[PDB]
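Structure containing olodanrigan.
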Amino acid sequence: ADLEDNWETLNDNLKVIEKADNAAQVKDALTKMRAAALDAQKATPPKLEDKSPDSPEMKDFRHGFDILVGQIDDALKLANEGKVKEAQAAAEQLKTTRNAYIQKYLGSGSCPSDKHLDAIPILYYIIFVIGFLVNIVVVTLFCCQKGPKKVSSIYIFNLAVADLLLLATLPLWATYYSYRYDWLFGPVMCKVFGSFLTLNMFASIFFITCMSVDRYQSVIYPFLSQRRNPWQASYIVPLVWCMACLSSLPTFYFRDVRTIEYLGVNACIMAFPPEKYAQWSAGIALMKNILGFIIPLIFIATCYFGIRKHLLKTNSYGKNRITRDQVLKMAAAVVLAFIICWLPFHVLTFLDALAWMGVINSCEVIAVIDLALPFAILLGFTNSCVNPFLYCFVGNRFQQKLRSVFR
Ligand SMILES: COc1ccc2c(c1OCc1ccccc1)C[C@@H](C(=O)O)N(C(=O)C(c1ccccc1)c1ccccc1)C2
Ligand SMILES: CCCCCCCC/C=C\CCCCCCCC(=O)OC[C@H](O)CO
Ligand SMILES: CCCCCCCC/C=C\CCCCCCCC(=O)OC[C@H](O)CO
Ligand SMILES: CCCCCCCC/C=C\CCCCCCCC(=O)O
């Protein structure tokens, strides 16, 4: 007897019609749908409870269900005439109006691309070249290297390739933003380069974790080169890319171009099943926090504080303090650079999830989330500019200062 419940009754009876053999089954399902549509018509949308009954938005709201009942009656006519297949075809027209509802009222849409800043496209390209240069230096340095590479370098290389490949998609999103969320590259490049981003970004976050584990292993076990298993890197590297691949599978199944009518543009969005669009957006958002921040941060944090106590356990010399503090400074940078770059995006992601769940119905809050999302998304890309400084460039100084305190 609620708007959310009235739409579940409708989309559930839509399925009954699609799998039916006689017109009596269709007639029965359509009868329930007509009652739900009329009842839903008497349900103010929760996100705009403030708006008065006669506001033009509540006029278009109740009107959407008049179009719906009109289609439900046209199908009932065919079903009463024993035209089961004709009625089923008419029910396809209902999914078209149901799609119009979830865009207009369900989610962020009820509160436009006309919040466009010229800065974002400028900033996105700035990070692109800056990141592509520092990361093309990381890989090229390996050519000029003069020493024995530890398994750590394997993670440095894979971290840079992922950073380069995800940074390589920044021009797509800068142009996508400059054209007010109107995808021009085609429907295949939205599903492809949309998942390709999520793929390399999970890989980037998963390899950052491998680095924090390896460095924690380096402090607790000084003889780690011999202590290692030669095959471990041969197993860990494939495993990371596969975990990143599995983590981005939802993007590949759903990421596709869909036409936003009221905006008149072709957007590259997550095309969830409309009958469960809110539940997926909330669920997928929460898996972004867990797999992409919570679980990762549990490793970096544990590895850091595990390094911190070990260094505090060895000695207390006044000079060795300098060598041990520089290691703590370098271990404290990866953990801080990760939360500074990623905590903004994931907080907004969690809040957006609380919106799809119905907790945050404030439009002023949802507007702030939408206005701050492109900047938070940029800090995520920025950690790809900070990774070269955190590992590669300070990689020679890390190994040396452990061999000093382990003399
Ligand atoms: C056609 O668009 C887009 C398709 C797919 C994606 C995005 C996108 O939006 C991009 C966009 C930017 C600017 C303007 C318009 C769009 C952005 C982002 C997201 O969930 O929302 N995303 C990501 O994998 C995340 C992410 C989060 C957790 C763990 C791994 C990856 C991401 C966040 C921040 C920085 C990089 C990656 C895929
Ligand atoms: C933008 C800045 C806002 C800051 C918000 C950060 C959000 C992440 C929260 C915690 C991650 C770190 C976990 C901290 C847990 C402390 C563990 C600890 O203190 O361990 C002591 C050690 O064991 C001695 O014996
Ligand atoms: C290896 C371990 C990996 C762990 C894997 C992480 C996956 C995410 C886990 C839990 C989130 C569950 C979210 C599902 C619930 C979605 C919200 C919902 O259904 O409710 C919507 C709302 O009620 C309508 O108004
Ligand atoms: C970045 C900050 C992250 C905050 C931690 C939140 C972690 C959430 C983890 C699992 C979500 C649990 C289930 C989600 C709510 C149940 C669905 C519902 O209530 O309808």
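Quick note: residue numbers are just sequence positions, from 1. This entry, so its header tells us, was determined using X-ray crystallography, 3.0 Å. The figures that follow rest on heavy atoms only: side chains count, while hydrogens, waters and symmetry mates do not. When a ligand or atom number is given, it counts from 1 through the structure's own listing order.
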Which numbered ligands or lettered chains belong to olodanrigan? ligand 1
Which chain makes more heavy-atom contacts with olodanrigan (ligand 1) than any other chain, name per UniProt? Type-2 angiotensin II receptor
Got a sec? Which transmembrane segments of chain A (UniProt, counted from the N terminus) put a heavy atom under 4.0 Å from olodanrigan (ligand 1)? 1, 2, 3, 5, 6, 7
